[PDB]
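Here's the structure we're looking at; comments come further down.
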Amino acid sequence: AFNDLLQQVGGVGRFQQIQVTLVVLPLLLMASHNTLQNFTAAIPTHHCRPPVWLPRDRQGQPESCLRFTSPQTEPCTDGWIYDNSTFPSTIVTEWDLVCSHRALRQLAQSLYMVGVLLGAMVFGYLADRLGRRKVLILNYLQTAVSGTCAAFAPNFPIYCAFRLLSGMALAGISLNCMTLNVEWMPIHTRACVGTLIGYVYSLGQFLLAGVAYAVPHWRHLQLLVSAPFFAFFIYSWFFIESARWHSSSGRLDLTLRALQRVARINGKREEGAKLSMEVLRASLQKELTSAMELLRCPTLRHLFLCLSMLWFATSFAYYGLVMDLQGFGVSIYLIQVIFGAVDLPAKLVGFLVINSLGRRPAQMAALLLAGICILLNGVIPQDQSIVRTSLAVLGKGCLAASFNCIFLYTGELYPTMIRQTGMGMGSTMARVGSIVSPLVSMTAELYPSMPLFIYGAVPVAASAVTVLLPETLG
Ligand SMILES: CCCN(CCC)S(=O)(=O)c1ccc(C(=O)O)cc1
Ligand SMILES: [Cl-]
């Protein structure tokens, strides 16, 4: 069928190398946006601005947001004095998100993930109607414009609104980056394309660490990260629309003109000449010839409820650990580098294990170790720095490996008639976990160590539900 035409037109040739590289390139800045709150919203040490004046906690530091009424307690009313030695200006220092507004920092991150969740749902449907190239162009422009306006937001509600729209646009690019590349690649390569995207996203953690080290101002950093998406919109007009979508849309005239252009780039002009309407109609016989069944059929229910738990738990604990970089005693400019560095060997071990033993034993190992490492982190006293840092790095490594393991597992358990819906609805649960993770982080005011326990007790429970899945090997 269609797979033969791509092989006939040149397979993986010059066009595929140019297009896939250009489409996947913006994924470097994807990790620089989700994690950006660690650098544009860091909390420097703040002691209350005097009108001797500042009571001290039993540790010894000046108490946060309590000052003596008369010189040697009353809450701050003249503002705060921040530490300008390592963080010049973050959104916490710009709008006093310190004591009565601790949750306002986490709420802004939660509102961003609502954009990511809403972006995939809306722009996923919009892609199937206006194409994959047109939606990608509109997402490149929206990400650049909405990201830029956040760097100039005069009010906190304006900052949240212009970051929610950035999250809405940044889900469309990630979703369409996979679709526009997979559809132009042969079927047997589809497994490799998903791996490349994850590794490309992995290198994005390094880029954020490098940029945030040289441009610490939050207004400059937010603008600088969203600046390149203007250049990703200028060259987005030269993409070649996915020919598979054109054939499915019923416009077989377009899919002949799309394939011939690929033949010219790939150099197989003569084989491109043989293409015509009549051969296209005959070859594309099975191409032109629903989530409701995912909740109705009994045998498919057991997969959806189970698989939604692994997707949710893996992402819920991933963003409950990535966003905590300041409680380790090491500079965040180094922990972020280490966090992205452990991503690669952990994924390689994950790929090595599944091919060696299976998928179910790999899934239990990936999550339970992450749940144990996170849980042990909370009990271990903060005095230990190397011990606590090692556990968190090891925990984030497993959760990175769990993402690859659960992505391949979803693509092999769901039947081919449902996979597109099952994978699409599977990743939606992942974005739901990213929303709830900051909200769970907001309860640290009720109990200092509660968020770590919830971030650890969830993957442990998920490791106790992955035993209800048929392993796929051979
Ligand atoms: C199903 C999407 C998962 N995501 C969460 C969306 C809010 S993601 O941010 O795009 C991501 C994170 C990490 C890795 C990895 O390292 O394996 C891959 C993808
Ligand atoms: Cl996503």
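We number chain A the way the PDB entry does; in order, the residues shown are 2-52, 65-85, 102-318, 325-509. Note that ligands are numbered from 1 as they come in the structure, with each ligand's atoms numbered from 1 the same way. Atom set for the values below is all heavy atoms of this structure, side chains included, hydrogens, waters and symmetry mates excluded.
- Here the macromolecule bound to ligand 1 with the most contacts is known in UniProt as Solute carrier family 22 member 6.
- Looking at ligand 1, the drug among hydroxyflutamide, sorbinil, probenecid is probenecid.
- In chain A, numbering transmembrane segments from the N terminus as UniProt does, a non-hydrogen atom closer than 4.0 Å to probenecid occurs in segments 2, 5, 7, 8, 10, 11.
- Residues in other chains coming within 4.0 Å of probenecid by heavy atoms are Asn35, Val145, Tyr230, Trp346, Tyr353, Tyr354, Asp378, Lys382, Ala435, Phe438, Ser462, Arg466, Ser469.
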